[PDB]
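Below is one structure, written out as structure tokens; comments come after it.
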Amino acid sequence: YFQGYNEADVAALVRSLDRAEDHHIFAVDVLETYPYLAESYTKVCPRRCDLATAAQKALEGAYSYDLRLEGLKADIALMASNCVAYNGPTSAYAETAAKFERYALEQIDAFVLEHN
Ligand SMILES: CC[C@@H]1C(=O)N(C)c2cnc(Nc3ccc(C(=O)NC4CCN(C)CC4)cc3OC)nc2N1C1CCCC1
């Protein structure tokens, strides 16, 4: 009968995943920053997410009922997967994507261990 994680705590966890080290490229929707990529980018990435959308989702209770924040991890994995796919696995920001995902997953697992 898990009670669920506090929405504001999950939203602050999400906000903390937006790093200057990653040049803030996961902070905002890619098509909001570059509207003319819509056709080309949606062909490679039919699903998108970003940390401003994930923070707003966290405040709606989208992730609060997952015991190990599985839904948030899938949204983080989508962000990193799209970056690797669109830019290329040997691109410089595909390495940033793998580091971001690894950092984010450690911060999520730490949150779950703290709020248990
Ligand atoms: C397909 C595009 C590709 C990609 O995959 N993603 C995800 C992407 C997402 N966002 C961006 N760019 C930025 C988007 C938002 C911000 C931003 O909002 N920063 C804030 C500004 C105000 N400040 C007080 C706080 C930080 C900065 C960005 O770049 C510096 N570029 C992206 N690239 C890059 C293209 C060349 C290789 C990577």
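Note that chain A carries the PDB entry numbering, so the residues on display, from first to last, are 1-116. Counting starts at 1 for both ligands and their atoms, following the listed order. Values below: every heavy atom of this structure, side chains too, minus hydrogens, waters and symmetry copies.
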- Query: For ligand 1, which chain wins on contact count (greatest number of heavy-atom pairs under 4.5 Å), named per the PDB entry?
  - Reply: Uncharacterized protein
- Message: Just checking - which of GS-9876, MLN7243, BI 2536 is the one at ligand 1?
- Response: BI 2536
- Give the residue list for BI 2536 (ligand 1), heavy-atom cut-off 4.0 Å. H23, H24, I25, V30, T33, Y34, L37, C83, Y86, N87, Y93
- Query: In the protein, which heavy atom is nearest to atom 9 (C) of BI 2536 (ligand 1), and how far is it?
  - Reply: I25 O, 2.9 Å
- Item | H24: numbered BI 2536 (ligand 1) atoms lying under 4.0 Å from its heavy atoms | 15 (C), 16 (C), 19 (N), 26 (C)
- Protein heavy atoms: any of them under 4.0 Å from atom 23 (N) of BI 2536 (ligand 1)? no
- Message: Below 3.5 Å, N or O to N or O, backbone or side chain included: is there any such pair between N87 and BI 2536 (ligand 1)?
- Response: yes
- Query: Any idea which atoms of BI 2536 (ligand 1) are less than 4.0 Å away from a heavy-atom of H23?
  - Reply: 27 (C), 28 (C), 29 (O), 30 (C)
- Is there a protein heavy atom at a distance of less than 4.0 Å from atom 1 (C) of BI 2536 (ligand 1)? yes
- Can you pull out the closest protein heavy atom to atom 14 (C) of BI 2536 (ligand 1)? Residue, atom name and distance to 0.1 Å, please. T33 OG1, 3.8 Å
- Shortest protein contact, atom 18 (O) of BI 2536 (ligand 1) (heavy atom only): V28 CG2, 4.3 Å
- Query: Under 4.0 Å from any heavy atom of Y86, which atoms of BI 2536 (ligand 1) are there?
  - Reply: 1 (C)
- Message: Does the protein place a non-hydrogen atom closer than 4.0 angstrom to atom 38 (C) of BI 2536 (ligand 1)?
- Response: yes
- Output yes when a protein non-hydrogen atom is found under 4.0 Å of atom 35 (C) of BI 2536 (ligand 1), and no otherwise. no
Identify all N/O pairs between BI 2536 (ligand 1) and the protein with a separation under 3.5 Å and present them as a table of atom names and distances.
residue: BI 2536 (ligand 1); atom: 5 (O); partner: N87; partner atom: ND2; Å: 3.0
residue: BI 2536 (ligand 1); atom: 10 (N); partner: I25; partner atom: O; Å: 3.4

